[PDB]
Trainee: 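Below are the structure tokens for one structure; questions will follow.
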Amino acid sequence: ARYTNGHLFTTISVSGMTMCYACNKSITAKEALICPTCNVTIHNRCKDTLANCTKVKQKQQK
Amino acid sequence: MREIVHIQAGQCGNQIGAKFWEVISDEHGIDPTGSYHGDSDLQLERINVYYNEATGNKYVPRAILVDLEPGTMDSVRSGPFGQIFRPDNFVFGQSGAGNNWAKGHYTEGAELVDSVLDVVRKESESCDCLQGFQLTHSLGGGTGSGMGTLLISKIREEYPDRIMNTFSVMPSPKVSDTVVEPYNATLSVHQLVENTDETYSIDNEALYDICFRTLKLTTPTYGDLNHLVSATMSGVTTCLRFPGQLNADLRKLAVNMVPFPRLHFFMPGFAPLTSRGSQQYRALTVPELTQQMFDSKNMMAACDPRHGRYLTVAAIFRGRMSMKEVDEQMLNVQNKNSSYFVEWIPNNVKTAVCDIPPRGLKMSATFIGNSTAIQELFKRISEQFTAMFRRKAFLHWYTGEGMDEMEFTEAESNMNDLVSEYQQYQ
Amino acid sequence: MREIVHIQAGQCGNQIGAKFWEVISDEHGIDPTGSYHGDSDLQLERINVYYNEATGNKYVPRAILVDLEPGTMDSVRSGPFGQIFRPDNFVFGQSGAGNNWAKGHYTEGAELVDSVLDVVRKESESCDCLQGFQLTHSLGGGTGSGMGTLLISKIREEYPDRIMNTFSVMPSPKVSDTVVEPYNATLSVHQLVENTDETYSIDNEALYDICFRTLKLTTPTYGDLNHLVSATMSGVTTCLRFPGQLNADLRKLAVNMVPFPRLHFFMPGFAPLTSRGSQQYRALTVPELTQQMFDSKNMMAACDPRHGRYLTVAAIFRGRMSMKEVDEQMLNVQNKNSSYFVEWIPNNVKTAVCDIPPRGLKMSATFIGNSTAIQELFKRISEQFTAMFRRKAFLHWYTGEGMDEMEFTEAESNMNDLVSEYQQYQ
Amino acid sequence: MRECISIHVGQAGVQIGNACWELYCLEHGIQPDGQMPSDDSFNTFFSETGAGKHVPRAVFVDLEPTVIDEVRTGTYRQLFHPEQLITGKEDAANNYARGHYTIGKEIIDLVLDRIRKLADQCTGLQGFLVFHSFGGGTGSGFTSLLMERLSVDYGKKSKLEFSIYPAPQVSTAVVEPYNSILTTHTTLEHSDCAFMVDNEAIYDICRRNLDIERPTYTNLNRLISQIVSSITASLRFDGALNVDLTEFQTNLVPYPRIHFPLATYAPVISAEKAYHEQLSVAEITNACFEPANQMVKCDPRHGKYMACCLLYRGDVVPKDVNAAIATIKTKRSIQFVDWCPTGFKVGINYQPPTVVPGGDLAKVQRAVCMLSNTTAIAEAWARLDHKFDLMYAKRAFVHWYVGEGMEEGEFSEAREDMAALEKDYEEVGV
Amino acid sequence: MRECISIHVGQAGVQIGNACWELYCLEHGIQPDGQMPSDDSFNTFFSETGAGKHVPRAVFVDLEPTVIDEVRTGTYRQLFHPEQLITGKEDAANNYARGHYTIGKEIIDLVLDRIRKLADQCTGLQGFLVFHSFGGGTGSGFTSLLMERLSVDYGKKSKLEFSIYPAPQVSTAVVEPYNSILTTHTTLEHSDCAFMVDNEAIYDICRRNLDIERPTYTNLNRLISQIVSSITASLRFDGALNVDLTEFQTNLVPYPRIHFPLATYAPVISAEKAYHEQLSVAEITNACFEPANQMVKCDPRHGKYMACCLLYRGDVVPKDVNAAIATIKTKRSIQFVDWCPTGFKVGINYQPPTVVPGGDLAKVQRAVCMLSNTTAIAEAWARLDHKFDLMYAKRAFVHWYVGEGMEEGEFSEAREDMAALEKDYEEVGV
Ligand SMILES: CC(=O)O[C@H]1C(=O)[C@@]2(C)[C@H]([C@H](OC(=O)c3ccccc3)[C@]3(O)C[C@H](OC(=O)[C@H](O)[C@@H](NC(=O)c4ccccc4)c4ccccc4)C(C)=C1C3(C)C)[C@]1(OC(C)=O)CO[C@@H]1C[C@@H]2O
Ligand SMILES: CC(=O)O[C@H]1C(=O)[C@@]2(C)[C@H]([C@H](OC(=O)c3ccccc3)[C@]3(O)C[C@H](OC(=O)[C@H](O)[C@@H](NC(=O)c4ccccc4)c4ccccc4)C(C)=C1C3(C)C)[C@]1(OC(C)=O)CO[C@@H]1C[C@@H]2O
Ligand SMILES: Nc1nc2c(ncn2[C@@H]2O[C@H](COP(=O)(O)OP(=O)(O)OP(=O)(O)O)[C@@H](O)[C@H]2O)c(=O)[nH]1
Ligand SMILES: Nc1nc2c(ncn2[C@@H]2O[C@H](COP(=O)(O)OP(=O)(O)OP(=O)(O)O)[C@@H](O)[C@H]2O)c(=O)[nH]1
Ligand SMILES: Nc1nc2c(ncn2[C@@H]2O[C@H](COP(=O)(O)OP(=O)(O)O)[C@@H](O)[C@H]2O)c(=O)[nH]1
Ligand SMILES: Nc1nc2c(ncn2[C@@H]2O[C@H](COP(=O)(O)OP(=O)(O)O)[C@@H](O)[C@H]2O)c(=O)[nH]1
Ligand SMILES: [Mg+2]
Ligand SMILES: [Mg+2]
Ligand SMILES: [Zn+2]
Ligand SMILES: [Zn+2]
């Protein structure tokens, strides 16, 4: 299906104060991606810039 | 005197037959009620060809309406001309064919077929001198593609000597309105190549092509396509319903145009066809009718005749014209297009002329052509079938009705045999 | 007999053709609705030269109307005489030439050339004995300069023996309405010199000069220029539409007027021309018509003939006039003006006399001159071309469509060759 | 003639039916209390009594009384036959084992009795329209229990289903994966064509197109009712290409087990937006193939279309359907499998879509309902089984199931079966 | 047939469009609500919907909601399609990086969808009419983002672009040179005809001819709208010499990159002045060529004319036109390049100019719009890059750009690229 860096990205309805996982900026639109394993959210414009799933999820476990 | 039995099968066949009854009742001056109201005696002279006389000077068509759903029967009976048929002739079940060839041929309408032949027998026995049968159906779907062919087989078994003349709307790739059309077509033409003596192959793509590029209709419905098909249907039987300079029975057409037994798949056409906005500018004389009649755009099948050569061709003119003129044009077309005709037949053109043109027209010309290019229609369907049958897709629905894959293989084998035969002489 | 197939291409060609049809329909007494309403039988005697007969005694022009924008076709169709044309020959695209010759010849017009040639085939087949083709176009812009030459090449290939006779409005320096006119003219004349047998040069500058100094129009529009061009357009074909003392077919014109194969570019003219306030003062007699006809101002090309000499002259008189008088005048003109005629042709003047003058006139005289002075028109455009091609200005638009600078070089080579041929005899 | 039996199970199914029969009554001009002021167009869904009363051909069942107590008291109290509104005593409590083995056991014999009585009034019965939810306790257990009997008593009759399927992120229960995983055996063995539907997809559709920021469940029901009405329009009305209910399955289903098509409807549009565009046949046809308009949260671009049925209704000319399908075919984004060169079934009906007077959906002269058997829906299952695997690894909530008469192994046997189904949709994708 | 898509970006572009669509609606007689009380003259700019409503073929985009919110509340609320009026969340803040890389990247996929749906309606599309400002953040970044996408999606179609350009003295922002120098890549590589205009020249025009001492931006927009209406007049109306949109470029553009003509209009005059003077063809033709009437503050005498397009509209005859250009050649002030001895493209249209009722422009029987590719515009670049060089020497404002995903080196590559363009405009001048 989709493994650009190595995980799923499915649409989520985004609200309130949020931040990209790569830009570390704020998302303005009401759309966002989300990996159910990595538990992140991105602009829809930084999908290829992230690391692979293994990197991000092993990072998330600090 | 050369009486014809009329049958319908499936939704397409029923609709086109209804429009055919429209056209020919208009020609004969028959009221919607069945009362005669025409102008000339020549309308009444051969009225027996299509209609049985009934008391009160009523006329009832010799039509057998067969369909496995009640919906289309209710549609025709509530139509502009539904009251004209005989109530006894509506033979129909309840459960639809489900676009399944096996359902029609073996399981569901195999019950209804016994009722159908008994009515057809009554109509045939009521006639003085039966000439042939004329059937309308469609090769897609399951109602037409199975029931029409089973009925063809039974009537052929009972009436081996009478002519059989079926009109067949059959699929095209870009105008496909059903997923399983290749299976149904390959199963139905496997019989049509055997039993029928003539088969008038029709195609929605060519009908829409004429509706757009020639008629310039903005929104053509199926009604206009049925009108176009019924035009040729009325044209071909013209020689045995009116006087003429050259009379040609359906048997005469078959004798001239069918060289070998199995190359009997026909390509029809019509002239004149004009857009309304341009009819005032055209001249309807013999030369331009002849030009338009042989145009590649004017034929009712998607196959371009320029990809093949004609075995034989028939021109049924109607109107008042010079015989010398018609002969000269039919020589000129065959001479200047000599590359597009088989040269092992010295003369490919057959001409007939009747004196009664269609109403509102001063002249008309119905075209029929037996061309090798028709193989492109028959190749393509097989090429579609090979896409599905190689992985047995959708086969459980057919095998649930007792059908076997060996019959599918044999049907495709007969397909490749027929297309090879058409290719051999090209 | 002697039918002419006429074609329109580009905005200017379409406009001049539209006026030309109105003028001749006035001559033949054809109503805007296409119904005949004329007085004399001589109008109907040779109606077939330009018009096909249609049912109800209507007459449709044998015109092929071609363009790459629908705007001109919308303008013509809603024009004074738009309804007369047959809708089928309105062949047109959607994206225009963009004043690009390569767009006309290779990319956009190459797709429509098949469509126009098909209709030209129908019109030519309807003819009994076709004589030649009669194309109206302009050498500026992209539609005319490209598509007219492409179609000329095609028709020349399919009809090598029939006359190709074109009328060309072509650039001038002080009345230029497009930056890229030199390129387009250089590319177009490279085809016209090879294919056409008669090309009638026309200049907007000279037409404005006629309007101002001779007609004394205060505000001459393009309609007046089209009127002036249409006058000679009708004049040249008069001998094959009306009887006369000396009948000169366009082939007979070509034989006398083209001493050598490529020197066929002609300068037209018309007489009488007077201001509407002074026509009461003139005497129209043949000597005065002759004097105005040979005046340098009277010719519709900017080339003043006094910087050159005449190879051949053709005077197509119309009306009832004295043959001895015409011969006397045409002898005295070439004798007293001997320095401006080539002495190696013993007689430089062809004369034809039709018995029917234009409507409203008692006598008329159409003028054709094959003169070396036309080289000035052929050498000025080249000096414009050499100005731009030396720095490759605007060539990216052309080379984007697959064109090459090599074809530009060959076109300019052929142009200087033609100028050299015209100069070699002066 | 051409009748259909509409069984509604679970709260979701019952409320969807409450919307659906509301839509039908407006369609055929029947009053909410069952009379008809002034064709047999209603004969498919309504049986007619001598008093001029049209009783629906429906059976409402729920093991708790609340929702059917509402319908028995609402405006449509007089529409339904009183004894086809069947209620139990104990709520299923979101447990497949209760709905199938213990509490749904008692009420099944009455439900099949009423279905038999409805069937005996039919002359030309065609199939079943079952409405239920995958997550619900009654919506899984009772539908399995009922279908196991229906497949043996009326085996030949086709069986059409309309299911609400668990979403990626939206979820209203914790054991939804178990309940769906147990409903899979029913939907595999004793079904013929079932339509998945997702709440979040319709939520996003209503947010984007209808411009409502926060809809309730009634909005979702008023679109699912529109879809089922579009399916049955060919059966209740005349048309250019009327599609039979068995023809429908013969086109949709390539293989015996591959019968889980997506469904979508167009033009889903508000009343204010509709005035500023034309809604031609080409536009609405292109609308169905966007991911923005699918009713299941899955990208069609990640799979291959296998079979698409386009049911046009209203002022649609077949020229336009032909031109639209050709335009769809030339696109390289919409990818079909190699072994189905035909692809598209087309039906055209002359009845325009009816707008519910209190509804939001605009009035339009045309509508197209697109149903697509496609491989992308496999990713929708690859989601949900992965939700199961984490829980059953711990034997998380199993004791409630096993405690109510369920065998433990049925869990594993369920998880195996979907592993065969999810395989097959990939296996045919080559 | 013969359609054009009008995209308006930035505050300046949006307000110019508000003037332009006000000028078109009155010219074709369309009411502000989109109806037409009573010939396909409007077909180029308006799409016609079956209710008898004309919707303009336009896309309004601004990354801050303010200006388009005014458009959505003003008199033209009912004219535009509500969804093609696109608004973002955050203002670009006069920053090329924010418009191009950061914020506009979210809305580009929506504006392209709008443009695609507009194009799918168009049967005979020709090109694009992009209106924007060089000084603005959106008007520089978003146009750069959008033109690159259009040049790959619709590479064959023309792209006409309309611009407000920084002036010598008048200016409203500090980093206008940065935004302009960054926009220069977009204009060079993905455009075919960009029309420069500046505020100061039109201000001086209104001071001298229109006799208004202190006008607003609306007065300038009511002249820019007149210029574009004159350009499209040959397309929307019949004429003696109709100039096609591609023919226009073929006469304007001599080299691939020299595509920045000046624009000017005549007779710009007040209602009081016109009664005292005739305004024949010759005088308006002369009126185009003085330095006073240029819309960019440069002296044409300093640069050689390369190509001129005179679009006359109204009661004009070709005789007078040819007479006037004869004199314009006869001058020693209206100089030209040696390698273009034709020079003048001429178009003539029969429709007189339309006067807006509240405008301060007089009614006149004749009008002429002169659009001139000339070398003098190079001086205008020689100005603005010198404004860049002083600031970039200190890295004066750079940290804002680099903070939003912009590479530093792209500044130098921009300054490099303009050094090639100003060279080219000089290199052809010999
Ligand atoms: C003044 C005039 O020219 O009227 C014509 C006409 O305009 C044209 C365009 C007619 C017209 O046909 C159509 O518009 C048409 C549309 C869709 C499909 C088929 C036809 C006409 O309707 C058709 C009609 O034809 C007939 O009446 C024939 O007898 C035909 N029967 C019927 O059409 C018919 C209609 C209603 C009920 C029953 C029959 C027929 C054809 C074949 C064999 C036997 C009979 C005619 C003369 C005309 C009109 C009325 C405009 C054309 O039809 C025929 C069959 O001649 C279409 O091109 C031809 C050429 C004609 O010029
Ligand atoms: C009383 C009288 O002398 O009337 C003349 C006339 O005054 C003059 C000035 C006419 C007149 O022509 C013009 O004023 C004119 C203006 C602009 C462009 C061209 C012509 C006349 O309009 C032109 C018109 O000519 C014709 O009718 C010819 O047959 C001509 N056909 C048309 O002009 C025509 C107009 C509208 C529609 C259709 C045809 C023709 C020419 C060559 C070949 C075939 C036909 C005539 C009799 C006159 C008027 C009316 C004043 C002249 O025209 C011709 C061709 O004869 C212009 O100089 C000549 C000499 C005439 O004396
Ligand atoms: N679209 C829609 N979904 C509903 C509605 N009501 C319930 N659901 C869905 O149904 C799912 C839960 O199933 P249940 O409500 O438990 O169905 P049930 O058969 O009553 O289950 P039990 O109460 O345990 O018997 C959830 O995904 C709900 O979103 C409704 O009115 N509209
Ligand atoms: N003629 C005219 N010029 C305007 C108008 N509005 C703004 N401008 C000019 O446009 C230039 C500034 O551009 P901006 O207004 O910042 O464009 P922008 O895209 O909205 O800027 P951002 O908000 O940062 O995206 C200045 O030279 C202004 O003079 C107007 O209404 N008419
Ligand atoms: N010319 C014409 N073609 C039709 C008509 N109705 C259906 N068709 C076409 O013919 C084919 C016949 O299929 P169909 O009759 O529905 O299946 P069946 O009833 O089981 O035989 C359809 O797929 C359509 O493509 C009609 O009324 N006129
Ligand atoms: N006599 C006359 N000349 C015209 C007319 N229209 C245009 N012209 C001139 O002829 C030339 C033809 O150019 P044009 O046809 O517009 O370009 P094209 O459409 O690409 O062939 C113009 O440059 C004008 O100088 C007209 O109506 N009558
Ligand atoms: Mg419940
Ligand atoms: Mg702004
Ligand atoms: Zn980001
Ligand atoms: Zn991940």
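The sequence lines fix the lettering, A, B, ..., with proteins before strands; numbering per chain opens at 1. The displayed model is a subset of the deposited entry, and contacts were enumerated within the subset. For this deposited structure, the header notes the method as electron microscopy, 3.4 Å. Counting convention: from 1, in listed order, for ligands and their atoms alike.
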Trainee: Help me out - what's the drug at ligand 2 named?
Mentor: Taxol
Trainee: Of all chains near Taxol (ligand 2), which one has the greatest contact count, and what is it called in UniProt?
Mentor: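 Largest number of contacts: Tubulin beta-2B chain.
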Trainee: Which other polymer chains sit within a heavy-atom distance below 4.0 Å of Taxol (ligand 2)?
Mentor: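 Counting heavy atoms only, the answer is C.
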Trainee: Which other-chain residues or nucleotides lie under 4.0 Å from Taxol (ligand 2), by heavy-atom distance only?
Mentor: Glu22(C), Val23(C), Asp26(C), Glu27(C), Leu215(C), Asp224(C), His227(C), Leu228(C), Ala231(C), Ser234(C), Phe270(C), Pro272(C), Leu273(C), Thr274(C), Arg276(C), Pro358(C), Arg359(C), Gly360(C), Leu361(C)
Trainee: Which UniProt Mg(2+)-site residues in chain C are within 4.0 Å of Taxol (ligand 2) on a heavy-atom basis?
Mentor: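 The UniProt Mg(2+)-binding residues passing the heavy-atom test: none.
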Trainee: Report the source organism for chain C from the entry.
Mentor: Bos taurus
